[PDB]
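Presented below is an entry in which one can find Taxol.
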Amino acid sequence: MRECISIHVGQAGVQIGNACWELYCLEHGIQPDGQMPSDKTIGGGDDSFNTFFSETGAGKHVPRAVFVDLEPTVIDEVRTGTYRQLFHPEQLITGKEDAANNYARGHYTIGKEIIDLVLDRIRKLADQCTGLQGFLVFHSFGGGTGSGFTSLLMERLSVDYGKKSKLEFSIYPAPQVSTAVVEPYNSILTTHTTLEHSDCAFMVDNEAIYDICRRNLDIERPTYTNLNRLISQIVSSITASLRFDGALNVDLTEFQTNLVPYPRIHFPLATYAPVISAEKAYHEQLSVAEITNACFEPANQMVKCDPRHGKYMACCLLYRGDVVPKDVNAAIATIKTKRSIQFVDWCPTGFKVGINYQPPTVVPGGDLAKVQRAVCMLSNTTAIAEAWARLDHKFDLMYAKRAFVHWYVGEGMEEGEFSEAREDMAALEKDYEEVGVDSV
Amino acid sequence: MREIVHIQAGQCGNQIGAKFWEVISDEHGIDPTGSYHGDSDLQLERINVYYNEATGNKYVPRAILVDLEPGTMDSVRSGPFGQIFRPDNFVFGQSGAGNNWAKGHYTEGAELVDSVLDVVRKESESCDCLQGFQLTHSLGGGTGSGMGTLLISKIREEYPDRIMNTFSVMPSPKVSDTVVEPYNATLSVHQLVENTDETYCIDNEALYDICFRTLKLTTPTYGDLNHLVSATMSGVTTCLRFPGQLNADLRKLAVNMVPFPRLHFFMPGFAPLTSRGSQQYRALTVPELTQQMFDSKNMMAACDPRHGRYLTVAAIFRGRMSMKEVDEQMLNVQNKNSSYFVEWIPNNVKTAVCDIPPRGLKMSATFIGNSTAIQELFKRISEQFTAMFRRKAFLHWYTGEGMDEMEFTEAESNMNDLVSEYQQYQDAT
Amino acid sequence: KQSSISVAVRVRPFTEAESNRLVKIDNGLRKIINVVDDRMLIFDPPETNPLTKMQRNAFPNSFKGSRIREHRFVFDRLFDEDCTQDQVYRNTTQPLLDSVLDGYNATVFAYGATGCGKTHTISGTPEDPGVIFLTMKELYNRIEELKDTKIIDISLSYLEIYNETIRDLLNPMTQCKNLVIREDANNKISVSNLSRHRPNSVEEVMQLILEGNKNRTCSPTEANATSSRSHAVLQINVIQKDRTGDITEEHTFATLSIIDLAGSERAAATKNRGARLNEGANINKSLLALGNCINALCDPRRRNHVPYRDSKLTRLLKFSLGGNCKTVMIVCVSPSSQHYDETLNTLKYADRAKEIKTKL
Ligand SMILES: CC(=O)O[C@H]1C(=O)[C@@]2(C)[C@H]([C@H](OC(=O)c3ccccc3)[C@]3(O)C[C@H](OC(=O)[C@H](O)[C@@H](NC(=O)c4ccccc4)c4ccccc4)C(C)=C1C3(C)C)[C@]1(OC(C)=O)CO[C@@H]1C[C@@H]2O
Ligand SMILES: Nc1nc2c(ncn2[C@@H]2O[C@H](COP(=O)(O)OP(=O)(O)OP(=O)(O)O)[C@@H](O)[C@H]2O)c(=O)[nH]1
Ligand SMILES: Nc1ncnc2c1ncn2[C@@H]1O[C@H](COP(=O)(O)OP(=O)(O)NP(=O)(O)O)[C@@H](O)[C@H]1O
Ligand SMILES: Nc1nc2c(ncn2[C@@H]2O[C@H](COP(=O)(O)OP(=O)(O)O)[C@@H](O)[C@H]2O)c(=O)[nH]1
Ligand SMILES: [Mg+2]
């Protein structure tokens, strides 16, 4: 089988998960109460939903998810909402306060009081998986829970599993926009978990999605729901090859093999090209070439970084809908003719391509238009280092005076860690500068 | 689940607390008899934060009313919401403090502190998880400052790892209803700087200015000032009681706003304040609220932020609004007013958003600033304190109750050290 | 003008047990500490013999181990494994005996993690007495030498800081609320209700030290069965006046402070937790405050305001760290890899006093 286990940690993770599971239920015909009408109507027995759901004898489809948060508020919103009957009642909550935006509470003091329960539920889920493919972890770098507890959980999962893949879909701090004063500390301290215990980490910036919503969808006042829906579409694109048929199917192992050249360079950039409102869906052809060109536009990147200031190390184009391979080959040739899109000299091939026959499904009340074609581009490039460097500068401004450090050291974290993480981040930056240099 | 214990001390604290409980009961649908007659299921979802459930589907506030005379207790009991409080929580003596810090801290408050702490202990172990405490009082008086500081010390000893807030009414330079305010204020700030995680400084002068200018009231009374303070108090705790896009409990605000342990004196403010007959002339939107929060006239602490730099700010919004708008408005405030924000903190503004606005507004916002301008308040007290302490003006009333001049010198030194620490992070560096 | 604060780091020698436990791989343990000069230290050097195959990858051909863990620390004073306690005593605490005999204050800090060797240094064995014994012995010898033309008087106190509360060690009965710090107008700090003792020789001083150490607030089940959860401050007040000189109402005063610091703690080691989390939090906060104070004092710029009031320990030593007072800091570190992470933290704590950039 082709199972995947989703782990949503913190407020950002849980809300992205709400969007994700809404989308998956709509894609597979599952209703919020968990019942599939197509089973009783057509007859069933010829459907593939095991990647994200487990079927009981009575016909209820329980998602393979584990929602975790150190405060009850967001999960309590989940258990009173439309999807209260979907999830197993074991949605994990600490019966105490949150991490208060500091890594120490999520890692050392308050996070140790649910880690056993979380690992027990992950055990119970994985034992029901015959063909487990990997973990999909959702969190935020800038949060206390989404840094400390995700670090602790991924340490434990690496100790327990090791061989299984682990994919992060994290919300990285924006250059200018922010919603907390101690984001640089939490995000720097999260470098170890996302560099040593992950296998492919996808980073997303709220400012980039805000600009995408403004420019493309014509939404001057987007809230977090639109961001979560767009991220959900990206995750649906990544995991579509495990659920539907296609001319070229790309599972997680093939994708990682083609995209990760060395064990440490596993921080690609995602891009969903045909983000278009219904009004602009007309007046546009939305051909394969146009969407592939839109992928490489710097304005459409989901991280505030300029790909023109770096060299692409690898690319993976995952197409959905009415796409023929020859159109993709023509588009890739057009991209290779362009000079602004520079590839390293040691990856002459460059492009991994997958094609799927299932077009994207539109959520009612959503912003994206109904499109016959879609593509998700996952690009391993050296420009992403810029997004790190800015963050490091913020850290260097606060740690010089040891501001806000007493909160961290008063919850079981030694001071030297603040330096150590920074050093690790610097080392990572050096690697990203040492791979783009051309061969002698 | 995140229970707060509210303690009222002195006349000012008791009156602010009575108005605050009226406001919170209206917010949660609790009637004066203690029954729930709301219209939405969110009010009862987190009622345990401020209330305990009594048998007949009743809700008793988790409040403790303290004083050294029974007049204010009689006033609160006879008020509209006097019958909602637990009678055992009313703790009072018979001999007052007489506007003396020593009486309410050494002689007449020391006798009553055991009873008050017994009630506090009873109200603490009945909670599934205690978030922290919440004291309302004034520093310019006797029993307020004295018993509040004593209870702060003893609760901090008993519950060292729990949040302790304090909504303390500073004395003002212009408004002065008491002659010995500087001594009491200095002796109380000596205790608050060491045993509190958040101290929300409030001044009667700033509240009167808000009433005269923003609200255009002709004859403001203490009810209106208590109304403003209660609005801020309700706003601070909004994310512990209602859902939102960005949740921020008290500890998160403390972590974001307190760069160093002793810099925890905050200026509060409430955004949508407008005069009746001038509400149809404005569009209640996020930019208007943001412009009103950072205006010098909207602060409740009687300090000019233009005479200093913001170490940190926290904006707690309530209502349906887009996160993009809030993020750009905060970035615009910081970029346009870069001179009033420290350079060695890149983002100075913690942001929280709650999905349920107050009852009659489509949106609202609470401002909590940590700036160096608060320095000025302490400076003013010193300028009075020394002028009274160089000659030992009204000092025998304090030394007669076992105090020494060493305590006065220590308090003055600590307050000047706090002033120096705030002044350190003001100039460009 | 000059650096009154001086940092001394001491490297202990492998114990025969450890020297034969896992160093056999060399013929797993390795000397992560390398000593090059009296002011130079290399942490985690790339001195392993079978190592070329690793930088075959670290260079731009296989990015799996490109991280560089070699650190280069510089300190005012460094003691290798071969140096004995006499050199440490001469080069760290002996000059302070002059200043206290001259009139100025003096301070000694002792820091390290478990197994670092701090006890051997400060306390030592009866055959090999520690630094404290030598200091007090020479102090009393100097007093006997200056018995003519001057009279000296020695007062001893020994307190501990635990959970930001003071606790007399020589008079355990006194309650904490009674012990309060007081700043006189003479720029002197005195703790109320201190049990001051007048020992007559170094034997009595050591006897008082063991009597106090019997009472220290320790707890078991940590890497060491008798780990310390408090900062122990021993104060020796020297008050002297001319014997046959001018009989005037003026006698000169000085203090020698010796502070044994509790080691920093990472809750990750703790599992069951409880009040020990509170103890660790207080210890870590106090160490952070002390580091901030020392760094500000060394820095010419930030010392317009030094955060003395952030902890009781720094508040007590307000007039024992500045320009006039001479401060020394003995930081004992281990070379075994078994204590790798902890040692790094220790090496990072000492470095903060003066961030001497060794890239030059
Ligand atoms: C026509 C209209 O929109 O009515 C408003 C109103 O006119 C204005 C002027 C209200 C009004 O407030 C005042 O007149 C006032 C006077 C002195 C001091 C403080 C307020 C209002 O009374 C106040 C009242 O506010 C509330 O109901 C809030 O929930 C408030 N709670 C209470 O006022 C309250 C007090 C005692 C018992 C029950 C409720 C609150 C505020 C913050 C946090 C929690 C609750 C509102 C909507 C109005 C009136 C009625 C005219 C204002 O009040 C607030 C706190 O928002 C004053 O300026 C604002 C903006 C409003 O436009
Ligand atoms: N894209 C997106 N980002 C979100 C969402 N909710 C929160 N965030 C981001 O999360 C960052 C802060 O981290 P939080 O999610 O609040 O941390 P937390 O998970 O609540 O952990 P605690 O602090 O312990 O409560 C902010 O910068 C937000 O931009 C969301 O719904 N969508
Ligand atoms: N500097 C040193 N010179 C010689 N032997 C040493 C030295 N440091 C430690 N040892 C030896 O190694 C043993 C273990 O170190 P030890 O001095 O007992 O640690 P400790 O000081 O008790 N640890 P801690 O109090 O947490 O700093 C000692 O008992 C000595 O036998
Ligand atoms: N906001 C408000 N302030 C008050 C009130 N009553 C008194 N004050 C202020 O508090 C000061 C008197 O302190 P008070 O609380 O009466 O002293 P206490 O009785 O010993 O606690 C005066 O300077 C007033 O400015 C009130 O009802 N509301
Ligand atoms: Mg949260």
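So you know, we letter chains A, B, ... as the sequences are listed, proteins then strands, and number each from 1. The deposited model was determined using electron microscopy, 2.7 Å. What you see below is based on every heavy atom in this structure, not just the backbone, and it leaves out hydrogens, waters and symmetry mates. Start at 1 and go down the list; that is how both ligands and their atoms are numbered.
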Task: Taxol - ligand or chain assignment - done: ligand 1
Open item on the list: What's the chief binding partner of Taxol (ligand 1) here? Just the name from the PDB entry is fine.
Closed with: Tubulin beta-2B chain
Open item on the list: Help me out: which other chains have heavy atoms closer than 4.0 Å to Taxol (ligand 1)?
Closed with: B
Open item on the list: Judged on heavy-atom distance to atom 30 (C) of Taxol (ligand 1), which of B/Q280, B/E27, B/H227 sits nearest?
Closed with: B/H227
Task: Heavy atom of protein closer than 4.0 angstrom to atom 2 (C) of Taxol (ligand 1) - done: yes
Open item on the list: Would B/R359 count as a polar contact of Taxol (ligand 1), with the cut-off being nitrogen or oxygen pairs under 3.5 Å?
Closed with: yes
Open item on the list: Could you check whether atom 33 (O) of Taxol (ligand 1) has a protein contact, counting only heavy atoms that fall below 4.0 angstrom?
Closed with: yes
- [ ] Considering only protein heavy atoms, determine whether one is less than 4.0 Å from atom 57 (C) of Taxol (ligand 1).
- [x] yes
Open item on the list: Is atom 50 (C) of Taxol (ligand 1) touching the protein, meaning some protein heavy atom lies under 4.0 Å away?
Closed with: no
Open item on the list: Please check whether B/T274 reaches Taxol (ligand 1) - meaning an N/O of the residue sits under 3.5 Å from an N/O of the ligand, judged on distance alone.
Closed with: yes
Open item on the list: Could you tell me, atom by atom, which parts of Taxol (ligand 1) come under 4.0 Å of a heavy atom of B/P272?
Closed with: 56 (O), 58 (O), 59 (C), 60 (C)
TODO: Show which residues surround Taxol (ligand 1) within 4.0 Å on heavy-atom distance.
DONE: B/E22, B/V23, B/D26, B/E27, B/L215, B/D224, B/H227, B/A231, B/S234, B/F270, B/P272, B/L273, B/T274, B/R276, B/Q279, B/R318, B/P358, B/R359, B/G360, B/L361
